[PDB]
Engineer: 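Acetazolamide + Carbonic anhydrase XIV, experimental structure. Questions below.
If you read the sequence from its start, that first residue is 1, and numbering goes on from there. The basis for the numbers below is simple: all heavy atoms, side chains too, and nothing from hydrogens, waters or symmetry mates. Counting starts at 1 for both ligands and their atoms, in listed order.
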Amino acid sequence: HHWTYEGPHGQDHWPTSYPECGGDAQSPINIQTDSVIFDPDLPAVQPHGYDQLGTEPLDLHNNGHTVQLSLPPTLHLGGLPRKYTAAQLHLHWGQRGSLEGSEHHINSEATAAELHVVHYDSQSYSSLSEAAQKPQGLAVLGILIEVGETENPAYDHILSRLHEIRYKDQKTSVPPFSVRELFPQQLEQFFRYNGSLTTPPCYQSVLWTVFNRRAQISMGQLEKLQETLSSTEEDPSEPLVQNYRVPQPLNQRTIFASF
Ligand SMILES: *[C@@H]1O[C@H](CO)[C@@H](O[C@@H]2O[C@H](CO)[C@@H](O)[C@H](O)[C@H]2NC(C)=O)[C@H](O)[C@H]1NC(C)=O
Ligand SMILES: CC(=O)Nc1nnc(S(N)(=O)=O)s1
Ligand SMILES: [Zn+2]
């Protein structure tokens, strides 16, 4: 009943226990830039005050599938069809050995990791769950991460505290910090398209936005992420790695680019 990225209950058998995962518009996908359709009318994505997370501690949790961070309802994502509000944010990465841990690809190439910022249509619904199964109910920002030659102070707000939640279900609080700083500096270039959640139930309720520019973290940081979290509640511990879903069929969906 507890699904996993691989194994007997890997992303291959998801469609069985969660039919929706076999939908006609799943995510992530391999974004082929040659098929990308330019749309000069796509308004700039703009995170209103994502450096203003207030005063109260943010919740840093360990699913067993990822590291998730809570976000204040004060973060408002503009530039989209409806008004969205930030709810949570989490990461995806590969195992120690590999350097491919992102969920989306660009022209068949994946990066070291991926950041996902989840929003919901608070304009039309009252909860994140409510919009999780409503058309266009969710909106996710996808930031691809590469290994840089320098330590990223932004990402440390999260990485520096990974030991506090080494085991699954372990929780903790962090001093609020500028989320904005976790995105690439230039957000003009991006791709948009209709998709789904990348984990069961795989609800096809999300409006995706994947940035063209990438964010960077030191090989040290990427390592501290790969080799620190366990996917179990206690010992024996089992490395929570390779937590990304494979590119899904495009099923003839159009993918727009702002550039
Ligand atoms: C995501 O899917 C929705 C619905 O399938 C698309 O909405 C339609 O968009 C076209 C052109 O933009 C309009 O003429 C239709 O009226 C829209 N349908 C309605 C009323 O929802 C939307 O364009 C898709 N988003 C993208 C660009 O991927
Ligand atoms: C309840 C909820 O928000 N679930 C999500 N499941 N997968 C998500 S992801 N990886 O597409 O951002 S969000
Ligand atoms: Zn995700």
Engineer: If I want every copy of acetazolamide, which ligands or chains do I look at?
Structural biologist: ligand 2
Engineer: What source organism does the PDB entry list for chain A?
Structural biologist: Mus musculus
Engineer: Quick sanity check for my notes: UniProt domain of chain A with most contacts to acetazolamide (ligand 2)?
Structural biologist: Alpha-carbonic anhydrase
Engineer: Could you check which UniProt-annotated Zn(2+) binders in chain A have any non-hydrogen atom under 4.0 Å from acetazolamide (ligand 2)?
Structural biologist: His90, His92, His116
Engineer: Find, among UniProt active-site residues of chain A, the one closest to acetazolamide (ligand 2); state the minimum non-hydrogen distance to 1 Å.
Structural biologist: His65, 9 Å
Engineer: I'd love to know the other ligands and ions under 4.0 Å from acetazolamide (ligand 2), if any.
Structural biologist: ligand 3 (zinc ion)
Engineer: Name the UniProt substrate-binding residues of chain A with any heavy atom within 4.0 Å of acetazolamide (ligand 2).
Structural biologist: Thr198, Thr199
Engineer: I'd love a list of the residues lining acetazolamide (ligand 2) within 4.0 Å - heavy atoms, by chain and number.
Structural biologist: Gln88, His90, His92, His116, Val118, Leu128, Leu197, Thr198, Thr199, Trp208
